[PDB]
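Structure first, commentary second.
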Amino acid sequence: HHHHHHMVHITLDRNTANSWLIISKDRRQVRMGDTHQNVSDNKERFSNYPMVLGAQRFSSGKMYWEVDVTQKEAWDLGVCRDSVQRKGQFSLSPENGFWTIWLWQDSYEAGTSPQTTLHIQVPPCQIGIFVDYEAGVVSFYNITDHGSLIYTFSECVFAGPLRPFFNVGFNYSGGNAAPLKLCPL
Ligand SMILES: Nc1ccc(S(=O)(=O)Nc2ccccn2)cc1
């Protein structure tokens, strides 16, 4: 892929974060805290899951960014509609406004309904995410394996502005404390 030149500087939006997340001063890293982080509740915060949005909103053009997932056992990454549900239980699916992949229990899957098995030979330490708004495309790349394609959502019906989407995952096991980090350009 030659998508690197549509690189965008993504930062995390504290106001959208689940109340147990800790976002770094530079707004480029997020991790699960071991407790509530002493913030007020608001209607933007994801209540049920350890999720947070990027601050950037996209309604046109081509955008690319990279996320470091080193040593995590579980995570979700991609984009979502600005208007996705924040409270209660929900599925990650395009019907609900999400275009995502994830790691869970030693398998990688795309957030279709139902979910799609991914075939990754080299476990990724960094994931590249490409959005073409006009084409209706969201693609995922394995930066650890020379940028190899992981998955393409096509014929996407975005139906509104898009935001970068992150889930650091729970840490029931004590093996998933590591952060998600936005990688430098
Ligand atoms: N409906 C639902 C259930 C659990 C979760 S999760 O935050 O545990 N993260 C994930 C990620 C991939 C697979 C399972 N859980 C998110 C949404």
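Here chain A follows the PDB entry, giving residues 8-192 in order. As a basis for the values below, the full set of heavy atoms in this structure was taken, side chains included, without hydrogen atoms, waters or symmetry mates. Every number for a ligand or one of its atoms is a count from 1 in the order of the listing.
This structure shows the largest set of contacts to ligand 1 coming from the chain the PDB entry labels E3 ubiquitin-protein ligase TRIM21. Looking at ligand 1, one finds the drug sulfapyridine.
The PDB entry lists the organism for chain A as Mus musculus.
Not close to sulfapyridine (ligand 1): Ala81, with no non-hydrogen atom less than 4.0 angstrom away. Scanning the protein for heavy atoms near atom 12 (C) of sulfapyridine (ligand 1), the closest one is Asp83 OD1, 3.2 Å. Every atom of sulfapyridine (ligand 1) with a heavy atom of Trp109 under 4.0 Å away is listed here by number and element: 12 (C), 13 (C). Sulfapyridine (ligand 1) lies nowhere less than 4.0 angstrom from a heavy atom belonging to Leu99.
Heavy atoms of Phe177 found under 4.0 angstrom from sulfapyridine (ligand 1) belong exclusively to the side chain. The protein does not reach atom 15 (N) of sulfapyridine (ligand 1) closely, with no heavy atom under 4.0 angstrom from it. Checked against a 3.5 angstrom limit, the closest N/O atoms of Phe97 and sulfapyridine (ligand 1) fall inside it. Residue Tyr56 has at least one N or O atom closer than 3.5 Å to an N or O atom of sulfapyridine (ligand 1). The bulk of residues of chain A touching sulfapyridine (ligand 1) reside in UniProt domain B30.2/spry. The side chain of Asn174, and not its backbone, has at least one atom closer than 4.0 Å to an atom of sulfapyridine (ligand 1) (non-hydrogen atoms only; side chain from C-beta on). Residues contacting sulfapyridine (ligand 1) within 4.0 Å (heavy-atom distance) are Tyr56, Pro57, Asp83, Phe97, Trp109, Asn174, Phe177.
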Between sulfapyridine (ligand 1) and the protein, give all atom pairs where both partners are nitrogen or oxygen and the distance is under 3.5 Å, as lines of names plus distance to 0.1 Å.
| unit_1 | atom_1 | unit_2 | atom_2 | d |
| --- | --- | --- | --- | --- |
| sulfapyridine (ligand 1) | 1 (N) | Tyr56 | OH | 3.2 |
| sulfapyridine (ligand 1) | 1 (N) | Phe97 | O | 2.7 |
| sulfapyridine (ligand 1) | 7 (O) | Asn174 | ND2 | 3.0 |
| sulfapyridine (ligand 1) | 9 (N) | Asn174 | ND2 | 3.3 |

